[PDB]
Novice: 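Here is a structure with ramelteon.
Heads up: numbering here begins at 1 and tracks the sequence. We use all heavy atoms of the structure for the numbers below, so side chains are in, but hydrogens, waters and symmetry mates are not. How was it done? The header gives X-ray crystallography, 3.3 Å. Atoms within a ligand are numbered from 1 in the order they appear, just like the ligands themselves.
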Amino acid sequence: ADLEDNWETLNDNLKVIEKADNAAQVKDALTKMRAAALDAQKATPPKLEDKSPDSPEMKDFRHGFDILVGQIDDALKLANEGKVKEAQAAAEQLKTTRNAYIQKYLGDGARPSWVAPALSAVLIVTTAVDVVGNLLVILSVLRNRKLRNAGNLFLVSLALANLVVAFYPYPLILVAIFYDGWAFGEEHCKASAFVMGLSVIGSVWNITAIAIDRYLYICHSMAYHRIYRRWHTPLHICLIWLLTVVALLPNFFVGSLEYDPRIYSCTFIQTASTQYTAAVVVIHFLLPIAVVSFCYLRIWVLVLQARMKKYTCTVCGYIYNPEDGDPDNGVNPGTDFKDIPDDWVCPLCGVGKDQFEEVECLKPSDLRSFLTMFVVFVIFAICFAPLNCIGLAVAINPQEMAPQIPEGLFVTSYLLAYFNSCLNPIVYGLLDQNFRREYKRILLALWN
Ligand SMILES: CCC(=O)NCC[C@@H]1CCc2ccc3c(c21)CCO3
Ligand SMILES: [Zn+2]
């Protein structure tokens with residue numbers, strides 16, 4: 001057997017020990033991994049093919065292999081006794097000495113020169129804008145009480161999902177570019193991928209929970225106020241985050257959280273299990289996009305039919321807001337002007353509905369800022385649409401569609417997925433006039 005085929009063999013049996021149940025399954029995997037380690041030792045590397053068999057370049061690899069074999073001897077003594085958790089720890093210790101020592105004259109490192117300066121620039125820009133912008137969102141919602149109670153408590157949850165990915169995984173990815181390879185341990189590798197999982201899936205379900213809250217506030221607005229919202233929304237934020245952790249646990253069993261050299265980041269692997277990836281593309285993308293697309297379609301048909309809209313008085317300038325109503329004149333909050341009985345008159349000048357003109361302009365701050373949150377969703381869809389397509393193609397047939405996907409296309413798609421983390425406060429400033437004022441309020445306070 002060739003050295004290239006043996007490099008895969010002992011690496012494939014190492015993944016078996018991680019998903020093993022008893023010590024006999026570990027002992028059977030350690031026997032195959034030791035025979036492959038002896039075989040790869042009695043083979044010249046393709047990279048150092050020019051280097052002589054006695055010369056000091058190939059002589060260091062021959063002495064380096066015996067260090068890894070002795071580590072299997074220490075691991076098999078634990079496996080004979082019946083220790084699985086102790087032998088799995090010894091297997092991870094041999095895995096670190098198999099990518100640092102053994103991977104010297106081995107590797108298909110044919111990555112184009114543009115992936116390193118782009119990824120890193122995107123990563124610097126994203127991490128810098130995220131830690132500042134999303135922090136200002138947290139600050140503006142915690143300060144402004146009128147904005148917080150306007151269903152923007154979910155924004156704290158979404159901004160924390162965006163922030164957490166900039167503090168732990170993004171900087172480690174940047175170190176993995178400059179040092180060329182994952183410079184941190186396997187425990188730091190699996191965790192970085194998991195943190196990114198919470199940030200991605202958590203953002204999907206936070207956007208959907210917002211689409212439901214903004215669907216119920218415009219459509220079935222009467223029913224909305226009848227149902228409590230005091231303690232309901234902090235409970236929903238807790239539930240959607242626990243659902244995310246539950247959805248991320250099968251990664252620990254399948255073993256899909258490993259280092260990807262293509263994008264220099266320790267992330268989720270699409271080829272590990274085509275059954276679990278299919279569930280991530282459908283249940284955690286295709287389905288939640290479909291329920292949100294319906295939510296905003298029902299809102300847009302109301303705006304198009306000129307339904308829930310502000311009506312201003314052509315006598316004393318009284319602006320009737322459907323979100324406010326007219327409670328002292330019987331109009332309970334959340335009532336459309338087209339539904340108020342014809343006997344109703346202005347509660348300021350007493351002129352009838354006859355002389356009432358609507359605002360033929362929808363502002364992005366109106367109806368709990370429905371337009372901004374819509375833009376937020378469309379932006380999210382754009383960033384994660386190609387990556388979910390790659391994961392969909394591999395799930396169908398990985399035997400022919402996995403090598404068919406270009407390496408350049410994967411980096412281009414993963415660059416967008418990362419960049420989404422800093423884009424959310426940018427759209428709050430440009431579209432939401434109330435957030436814009438609050439951004440200036442905090443920035444002027446930090447100055448003076
Ligand atoms: C289409 C499949 C895909 O590429 N999905 C996004 C990869 C994201 C981001 C990192 C991470 C970690 C764990 C995890 C997931 C991800 C999906 C479910 O478990
Ligand atoms: Zn009036």
Novice: Give every ligand number or chain letter for ramelteon.
Specialist: ligand 1
Novice: I keep wondering which chain grabs ramelteon (ligand 1) the most here. What name does UniProt give it?
Specialist: Melatonin receptor type 1B
Novice: If you number the transmembrane segments of chain A from the N terminus as UniProt does, which have a heavy atom under 4.0 Å from ramelteon (ligand 1)?
Specialist: 3, 4, 5, 6
Novice: Using a heavy-atom cut-off of 4.0 Å, list the UniProt melatonin-binding residues in chain A near ramelteon (ligand 1).
Specialist: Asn251, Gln270
Novice: Can you check which residues touch ramelteon (ligand 1) if I set the heavy-atom cut-off to 4.0 Å?
Specialist: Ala193, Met196, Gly197, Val200, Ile201, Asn251, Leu257, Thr267, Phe268, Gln270, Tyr276, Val280, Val281, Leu387, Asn388, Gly391
